[PDB]
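Structure of oxyphenbutazone in complex with Phospholipase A2 VRV-PL-VIIIa.
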Amino acid sequence: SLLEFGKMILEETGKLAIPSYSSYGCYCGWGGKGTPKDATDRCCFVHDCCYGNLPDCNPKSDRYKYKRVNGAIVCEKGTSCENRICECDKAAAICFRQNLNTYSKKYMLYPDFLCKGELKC
Ligand SMILES: CCCC[C@H]1C(=O)N(c2ccccc2)N(c2ccc(O)cc2)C1=O
C-alpha cells in the first residue's frame, strides 16, 4: 500500500515521499505521458510499468509485509498480489537510492504540458 511504500522510500532516501516523489517530473506521482525527465523520473516510469503488469491487484490499498535484513529489503510471504507489489516497490526504492545524486528540485511540481511523448513499457 501507499503507506508502506512511503516508509520504504523514507528509510531508503531520507526524503519524505510526499513532497519529494509525488509531483516529480512526468511519472512521479500521477503520470501517464511524456518522456521521463531524468533517472529518478525513470524509476517512477518503471514503477508504473511494474504495477501495470498486475491488472488484478490493488497496489494503493493492499498491504504487504517486509523486513530489513541489515539494510537489505526482504519481502515476506503474503498473497500473490502482495508479493508482487512489494517487489515493485522494493525496486523503486532502490532505484531512488541509486539516483539520489541527480535528484533535482527543478523537476518538482513539473508542469503537465512539458510532458510530451510516447514511451511504451
Ligand atoms: C508515498 C508514495 C509515493 C508513491 C507514488 C506512487 O507509486 N503512486 C501510485 C502509482 C500507481 C497506482 C497507485 C499509486 N502515487 C500516487 C498516489 C496517489 C494518487 O492519487 C496518484 C498517484 C505516488 O505518489
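Note that chain A is numbered according to the PDB entry, with residues 1-121 shown in order. According to its header, the structure was obtained by X-ray crystallography, 1.6 Å. Worth knowing before you read on, the calculation uses all heavy atoms, side chains too, and leaves out hydrogens, waters and symmetry mates. Remember, it's 1-based here, ligands and their atoms both numbered in the order they're listed.
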Among all the protein's non-hydrogen atoms, which is closest to atom 17 (C) of oxyphenbutazone (ligand 1), and how far away is it?
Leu2 CD2, 3.5 Å
Looking at atom 11 (C) of oxyphenbutazone (ligand 1), what's its closest protein heavy atom, distance included?
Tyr51 CD1, 3.2 Å
For atom 14 (C) of oxyphenbutazone (ligand 1), find the nearest protein heavy atom and state the residue, atom name and distance (0.1 Å precision).
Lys60 CD, 3.4 Å
Within the 4.0 Å heavy-atom shell around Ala17, which atoms of oxyphenbutazone (ligand 1) are there?
1 (C)
Measuring heavy atom to heavy atom, which UniProt active-site residue of chain A lies nearest oxyphenbutazone (ligand 1), and how far away, to 1 Å?
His47, 3 Å
What residue and atom, counting heavy atoms only, is the protein's closest point to atom 16 (C) of oxyphenbutazone (ligand 1), and at what distance?
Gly29 O, 3.8 Å
What protein heavy atom is closest to atom 6 (C) of oxyphenbutazone (ligand 1), reported as residue, atom name and distance in Å?
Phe5 CE2, 4.2 Å
Going by the atom numbers of oxyphenbutazone (ligand 1), which of them fall below 4.0 Å from some non-hydrogen atom of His47?
7 (O)
I'm curious how oxyphenbutazone (ligand 1) sits relative to the natural ligand site. Which residues UniProt lists as binding Ca(2+) in chain A have a heavy atom closer than 4.0 Å to it?
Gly29
Report, in ascending order of atom number, the atoms of oxyphenbutazone (ligand 1) lying under 4.0 Å from any heavy atom of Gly6.
1 (C)
What are the neighbouring residues of oxyphenbutazone (ligand 1) within 4.0 Å, counting only heavy atoms?
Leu2, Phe5, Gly6, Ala17, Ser22, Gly29, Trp30, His47, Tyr51, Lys60
What are the polar N/O contacts of oxyphenbutazone (ligand 1) with the protein below 3.5 Å, with distances?
{"unit_1": "oxyphenbutazone (ligand 1)", "atom_1": "7 (O)", "unit_2": "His47", "atom_2": "ND1", "d": "3.4"}

